[PDB]
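Lettering follows sequence order; numbering is per chain, from 1. Structure method, as recorded: X-ray crystallography, 1.8 Å. When reading the values below, keep in mind they use all heavy atoms of this one structure, side chains included, and skip hydrogens, waters and symmetry mates. Order of appearance sets the numbers: ligands from 1, and atoms from 1 within every ligand.
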Amino acid sequence: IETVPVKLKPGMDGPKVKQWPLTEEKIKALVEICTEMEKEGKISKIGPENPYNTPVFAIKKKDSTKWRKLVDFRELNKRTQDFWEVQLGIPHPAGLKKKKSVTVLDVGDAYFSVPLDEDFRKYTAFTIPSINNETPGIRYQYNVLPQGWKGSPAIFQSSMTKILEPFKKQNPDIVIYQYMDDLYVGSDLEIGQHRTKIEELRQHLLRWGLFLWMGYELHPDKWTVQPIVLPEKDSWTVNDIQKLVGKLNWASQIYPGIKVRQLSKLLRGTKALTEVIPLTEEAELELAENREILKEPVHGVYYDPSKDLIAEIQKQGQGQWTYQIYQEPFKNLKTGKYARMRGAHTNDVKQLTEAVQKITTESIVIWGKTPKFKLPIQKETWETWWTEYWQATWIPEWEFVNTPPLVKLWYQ
Amino acid sequence: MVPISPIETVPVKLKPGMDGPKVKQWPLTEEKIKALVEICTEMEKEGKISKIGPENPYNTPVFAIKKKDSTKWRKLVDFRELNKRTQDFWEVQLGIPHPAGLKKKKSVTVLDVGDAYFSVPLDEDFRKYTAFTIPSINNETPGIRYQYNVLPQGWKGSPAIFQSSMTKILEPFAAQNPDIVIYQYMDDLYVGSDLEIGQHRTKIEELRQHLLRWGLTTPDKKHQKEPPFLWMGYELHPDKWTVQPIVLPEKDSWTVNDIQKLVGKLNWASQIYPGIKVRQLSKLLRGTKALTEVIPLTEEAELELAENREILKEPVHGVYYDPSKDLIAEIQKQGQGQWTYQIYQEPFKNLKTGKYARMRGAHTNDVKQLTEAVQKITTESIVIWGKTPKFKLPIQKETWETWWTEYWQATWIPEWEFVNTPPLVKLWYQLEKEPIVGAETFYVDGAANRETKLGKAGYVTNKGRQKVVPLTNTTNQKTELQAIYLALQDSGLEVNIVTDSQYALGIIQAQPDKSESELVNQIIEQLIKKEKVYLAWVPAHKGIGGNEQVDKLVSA
Ligand SMILES: Cc1cc(/C=C/C#N)cc(C)c1Nc1ccnc(Nc2ccc(C#N)cc2)n1
Ligand SMILES: CN1CCN(c2ccc(C(=O)O)cc2)CC1
Ligand SMILES: [Mg+2]
């Protein structure tokens, strides 16, 4: 009810980010949503003396039919002061990723109950564009904590912890973690028990209040990892052995003691690629020794919260995608694979967008932040389409990979 | 007196840390001073400026300029320094409407709002920074000091604040009259509709009545401007649009500058004249920017210019947008990385046209370029019409399916259909997924000495076929490609090739059909001729037979 003073970081001005082009349906949706928000006092029209801008668009959350406004505050978020005054920061909870079930709630609507510092409001400016620029874009700024701004959960935190204490005190084994507009609630209860607890939780927010109804269910205890595995064959061709030596050479950068000497020796001469080569005892032993090495964890892997997380993704075909999350090369913190790309059988870009959201969710649950993606797509293709398939209320950072990696072969 | 509503003031600041301008007034002739005094006396009477006391420490220089072929002088208050110190504003006009997104109108009326402009007040707290001084006759009295009360011509904030002020006033009228459109440009309002003429006139009278609420009058004698309108390089008519005349000059010789202007005109023309090309003319501007330098046109550029003259020989117009109909975009390949397109709703009635050129880079293919063009047209269409057109593309559905399913990147093109208009985009080669039984296996390698640039490239095969060629002026990367080329040259229609070159794999896995490298182009030409090619990679220096033998032969 009293505002927290907020400032940008020293020697930085506000965001001045171009609004990207919007379809007619998204413009009409945003005009209707913002008319209501203005009436409720959440946003106000602004004049030309505010030169700032942040892009806005509209999405449909997963399994929903109502448009949701999504403001892309990535630039403002980078420019906004860090928040450690009251809390040093919320040590991320390591137990969340160990829960049998985690449900994600959209609690962003709670933030609109808290006013935003009057001197900071100008930096939240956004524009609803018109088709063909025929009419001046409709200009607004926020009067209340905005969804998607990193300052919102931070300022609202005292209110949330006070709203939640009785649920926590009554259920001490539930893990509850807030990230941006999301609330992550983990338990080891039978799902039925679990959903009732979730609905119990909704009621507290509802009671305090006077898209919240939705629930994204995850099961991180079943989440899958990808160790390095070598083929088991009875007949090896020259080509098979070449592929094996290739894969082992790559793996030797991750694992110290990998050897290819004896396997390489099998191919002495200049043989047809399809010729079958019997493994010698020396080669089988070396292979066996390599297999044993690959059953052990990679050495010297640790998470440093001061460093960015990086996520790489490979298209494997037939709807399959592999990914790795690391901070230092060859020191993977997590690897994985998807094939269950939903409602996207003839659309690569929709699949990739879904993969990016899934990986980001995993990252939030495990480390409490989003990774920087290296995306296997041309910039122009990604930027034209990703917004069509986006269902999350946060947005990670990304860069583009223009040269085909050879490593794709090694995660297949 | 009929009360009028004030126009709300926009609060204005200088940039952080900056004070206002303190710039010396130049001396002026006695004649200029008398003229400026008269001009300023009238502006003062009209309320535009006010005399100020000696306390204000700010100043901006003023000049007098003679209105050509006239005995009347005009003032120029030079606000360049104040402009540097004034905050940035939101600028609404950055993106201009494209004519092809406009809707047909029966009537468009122009209303003059030049007088309304001076009912927009300048923020009281900022006025002091606009101070200026008319020097006195013979410098024998204090110069006359004034400041502005209104948006000064030439000040940074005037266009934005005028426009934003008019928009705010007009908003309720537009909202409650959805059967008209209103557009402001400079000192004019344009008001369009499809109403019968009496009703349209009624709406105009109602607009005039609305504006009087703020004491804003428009001229009774209606504007002289009527369709067609010359605007932003276009001609707008009630039911069609075009570009203003495109006139390509005749020349015996061309400079860099002439050619930049020629390409600029062709670029502007390409938004409604189908098939305009600028590649060969643009190739002439490569690397050099001495505007006076004379560049001989190549035969190819002369052909391009001739083809464009023929395209431009007579007028072409676009139609406006009917939201009730689908948009269709059709694309053709023109050659040399050039693509052209038309966007229409009814057959043979284009809304607009355009072109796309290949991006600069080492290697490319037609499918990638077609994709790029689709993404450009899509983004353009979202801006202009708010929706994606249905595409008609010169690529078979089967070709596209093969491409996207096998390509290492994610890729997508929106709803489209094949149109069988040559030249069709096709895949020129496709590498095997598995080694070929019965095909000879070529182990290739190359190396070069980094100092002498001497090198070797070659192969050994499972049949005992071998070749090593000595090369000059080469590099490790070139020799690795040379070796693959030799293997392709010397093999039958099906071939397995084993390389350790990450560089060569990286190129071939990008699936180019054309390259800036003559060698890569030769390799592509060979690949096109094969029935089956399997390309296998192995790591260098690991004892892998075949590879190890050839590596030894090429390293010396
Ligand atoms: C952008 C624009 C420039 C001018 C004028 C600029 C100038 N000078 C005039 C108007 C009224 C507009 N606004 C819109 C908006 C939607 N459809 C149209 N259609 C439309 C406009 C003019 C003519 C004609 N003749 C026909 C159709 N105009
Ligand atoms: C009637 N007008 C509108 C704006 N124009 C101006 C605005 C300001 C000044 C001035 O500062 O004196 C002159 C013309 C040109 C034509
Ligand atoms: Mg070698």
Asker: In this entry, what is the main binding partner of ligand 1, named as in the PDB entry?
Answerer: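 The largest share of contacts goes to Reverse transcriptase/ribonuclease H.
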Asker: Look at ligand 1 and say which of manogepix, zenarestat, rilpivirine is there.
Answerer: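 It is rilpivirine.
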Asker: At a 4.0 Å heavy-atom threshold, what other chains are in contact with rilpivirine (ligand 1)?
Answerer: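 Chains with a heavy atom under 4.0 Å: A, B.
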Asker: Run the numbers for me: atoms of rilpivirine (ligand 1), each under 4.0 Å from some heavy atom of B:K105, listed by number.
Answerer: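 Matching atoms, with element in brackets: 17 (N), 19 (N), 20 (C), 27 (C).
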Asker: Help me out - which other ligands and ions lie under 4.0 Å from rilpivirine (ligand 1)?
Answerer: none
Asker: What name is recorded for chain A in this PDB entry?
Answerer: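 The deposit names it p51 RT.
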Asker: Tell me whether rilpivirine (ligand 1) is touched by B:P228 - counting only heavy atoms on the residue side and a distance under 4.0 Å.
Answerer: no
Asker: Decide whether an N or O pair under 3.5 Å exists between B:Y185 and rilpivirine (ligand 1).
Answerer: no
Asker: Under 4.0 Å from a heavy atom of B:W231: which atoms of rilpivirine (ligand 1) are those, numbered in the order shown and with their elements?
Answerer: 6 (C), 7 (C), 8 (N)
Asker: Looking only at protein heavy atoms, which one is nearest to atom 24 (C) of rilpivirine (ligand 1), and what is the separation?
Answerer: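 Here the nearest protein heavy atom works out to B:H237 O, 3.2 Å.
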Asker: How far is atom 27 (C) of rilpivirine (ligand 1) from the closest protein heavy atom, and which atom is that?
Answerer: B:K103 O, 3.2 Å
Asker: Considering only protein heavy atoms, which is closest to atom 13 (N) of rilpivirine (ligand 1), and at what distance to one decimal place?
Answerer: B:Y183 CB, 3.7 Å
Asker: Tell me the contacting part of B:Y320 for rilpivirine (ligand 1): side chain, backbone, both, or neither, using a 4.0 Å heavy-atom threshold, strictly below.
Answerer: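 B:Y320 to rilpivirine (ligand 1): side-chain contact only, backbone stays beyond 4.0 Å.
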Asker: What residues, by chain and number, sit within 4.0 Å of rilpivirine (ligand 1) when only non-hydrogen atoms are counted?
Answerer: A:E134, B:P97, B:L102, B:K103, B:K105, B:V108, B:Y183, B:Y190, B:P227, B:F229, B:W231, B:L236, B:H237, B:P238, B:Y320
